Amino acid sequence: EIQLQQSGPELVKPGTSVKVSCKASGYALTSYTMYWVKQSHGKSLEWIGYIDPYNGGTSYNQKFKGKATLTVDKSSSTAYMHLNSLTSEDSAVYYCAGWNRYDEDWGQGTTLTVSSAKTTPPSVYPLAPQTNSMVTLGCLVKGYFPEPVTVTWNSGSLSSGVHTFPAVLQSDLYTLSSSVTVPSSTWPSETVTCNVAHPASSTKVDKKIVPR
Amino acid sequence: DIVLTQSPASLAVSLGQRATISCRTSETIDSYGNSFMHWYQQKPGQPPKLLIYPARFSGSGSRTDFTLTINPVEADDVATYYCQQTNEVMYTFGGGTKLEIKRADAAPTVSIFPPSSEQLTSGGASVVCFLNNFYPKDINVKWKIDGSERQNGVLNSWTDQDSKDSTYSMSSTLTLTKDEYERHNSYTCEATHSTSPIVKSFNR
Ligand SMILES: COc1c(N2CCN[C@@H](C)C2)c(F)cc2c(=O)c(C(=O)O)cn(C3CC3)c12
Ligand code: NA
Ligand code: NA
Ligand code: NA
């Protein structure tokens with residue numbers, strides 16, 4: 001089969017251009033046809049175009065004819081999508097996928113934000129709490145731009161009782177929270193920390209939850 | 001051009017049940033066909049996943065009308081489903097079908113948290129309330145500061161339907177400046193749906 005790794009999130013000013021990449025590994029990378037798909041937040045999947053690396057042929061959705069250019073780097077097994085004249089309508093998740101008649105794979109997605117607003121890291125505040133069977137802890141990440149942000153608990157060891165809520169936008173900044181419900185025996189007996197990652201500002205923050 | 005029309009737009013289905021999604025195309029597909037027809041499942045924040053290829057998901061129909069059947073429906077099938085037609089001149093997707101799970105009513109596990117010492121140092125105050133694992137999605141929440149209802153500086157956010165228990169969760173956040181927060185002492189978080197209003201409170 002084939003695995004696909006897309007480049008990271010990007011914040012760009014309106015009117016500029018961006019090139020996003022899809023790096024491929026596995027057998028017969030020349031044999032797959034690569035295509036790209038746009039999905040605006042809460043919207044449906046939209047085909048941008050494809051490129052066959054074997055003969056170099058390309059086909060574009062008429063709506064992207066002026067906007068998008070697909071290329072493949074045979075030497076480095078990387079597909080590229082160049083977008084130009086960016087406006088806020090280009091803010092979306094962009095997917096890269098590759099297929100042949102045996103196999104298809106998709107990349108994880110690249111979130112692109114076209115905005116005048118400036119990059120801002122999150123403020124991470126711990127939320128600590130009755131002796132029930134189970135206890136709920138929380139993390140508040142506030143005032144960041146742009147999305148996305150990633151929250152994990154105990155570096156990903158705690159996944160079962162997590163609720164991470166969609167961020168919400170106010171003024172020019174995003175806010176979200178995530179909560180963990182854990183057995184009372186485990187906490188405070190075991191340390192539980194909240195791990196927040198903000199790719200755009202290149203910051204990762206770890207906050208241990210501590211009882212007031 | 002190839003147009004794909006998917007129906008229904010959304011589907012509410014009980015666990016264990018048989019659910020079928022349709023996709024009609026303007027460009028007929030013969031069995032030897034220029035085009036292909038395929039089905040995708042997308043969970044929020046994830047790539048679409050190719051389906052079908054004794055499975056629970058199965059495809060039928062040829063020519064213009066194509067159906068996806070899920071049998072039996074299970075809890076983690078909550079997702080949006082897309083048909084895709086593949087052709088040398090264009091690829092296109094259907095509009096998507098959102099699959100909702102029907103379950104029994106459930107009451108929210110409420111929790112409320114005071115501003116943290118860190119956030120108070122900063123000079124702001126955020127009171128956070130989690131209403132976890134309730135059904136149905138539609139829930140109204142109000143809160144009062146020492147008995148006085150406040151409609152200002154509240155942040156609501158719903159999760160997607162849970163993949164395991166088919167319940168929704170929600171996060172309400174009340175933000176006041178540091179100095180406005182000091183004035184009062186009693187904060188309560190109130191949920192609706194015996195009416196049984198669930199209330200959580202903290203003092204000072
Ligand atoms: C990679 O998946 C397939 C695709 N698809 C999957 C849906 N997206 C399109 C772009 C490629 C294809 F367009 C045709 C076939 C075929 O022609 C085929 C076959 O057996 O003839 C099998 N598959 C695999 C089983 C799904 C195919
Ligand atoms: Na350019
Ligand atoms: Na194979
Ligand atoms: Na969830």
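First the proteins, then the strands, lettered A, B, ... as listed; each starts at 1. Keep in mind that the numbers below use all heavy atoms, side chains included, and drop hydrogens, waters and symmetry copies. In listed order, ligands and their atoms are each counted from 1.
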Visitor: Help me out, what's the drug found at ligand 1?
Guide: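 PDB records name it gatifloxacin.
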Visitor: Which protein or nucleic acid chain has the most heavy atoms near gatifloxacin (ligand 1), under its name in the PDB entry?
Guide: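 By the greatest number of contacts, it's Antibody Fab fragment light chain.
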Visitor: Find the other chains whose heavy atoms come closer than 4.0 Å to gatifloxacin (ligand 1).
Guide: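 Other chains under 4.0 Å (heavy atoms): A, B.
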Visitor: Does only the side chain of B/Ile52 get under 4.0 Å from gatifloxacin (ligand 1), or the backbone, or both, or neither? Count heavy atoms.
Guide: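 Under 4.0 Å from gatifloxacin (ligand 1), B/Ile52 contributes no heavy atoms.
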Visitor: What's the entry got as the organism for chain B?
Guide: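 The entry lists the source of chain B as Mus musculus.
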Visitor: Which residue supplies the protein heavy atom nearest to atom 27 (C) of gatifloxacin (ligand 1), what is that atom called, and how far is it?
Guide: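 Looking only at protein heavy atoms, the one closest to atom 27 (C) of gatifloxacin (ligand 1) is A/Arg101 O, 3.8 Å.
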Visitor: Would you mind listing which atoms of gatifloxacin (ligand 1) come within a distance below 4.0 Å of any non-hydrogen atom of A/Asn100?
Guide: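 Counting atoms of gatifloxacin (ligand 1) from 1, those under 4.0 Å from A/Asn100 are 1 (C).
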Visitor: Counting only heavy atoms closer than 4.0 Å, does gatifloxacin (ligand 1) sit against the backbone of A/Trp106, its side chain, both, or neither?
Guide: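 The answer is neither.
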Visitor: Looking at B/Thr86, which atoms of gatifloxacin (ligand 1) are within less than 4.0 Å of one of its heavy atoms?
Guide: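 Heavy-atom distances to B/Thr86 below 4.0 Å select 8 (N), 9 (C), 10 (C).
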Visitor: If you read the entry, what name would you find for chain A?
Guide: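 The PDB entry names it Antibody Fab fragment heavy chain.
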Visitor: At a 4.0 Å heavy-atom threshold, which residues contact gatifloxacin (ligand 1)?
Guide: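 By heavy-atom distance, those would be A/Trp99, A/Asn100, A/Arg101, A/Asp103, A/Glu104, B/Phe36, B/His38, B/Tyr40, B/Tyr53, B/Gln84, B/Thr86.
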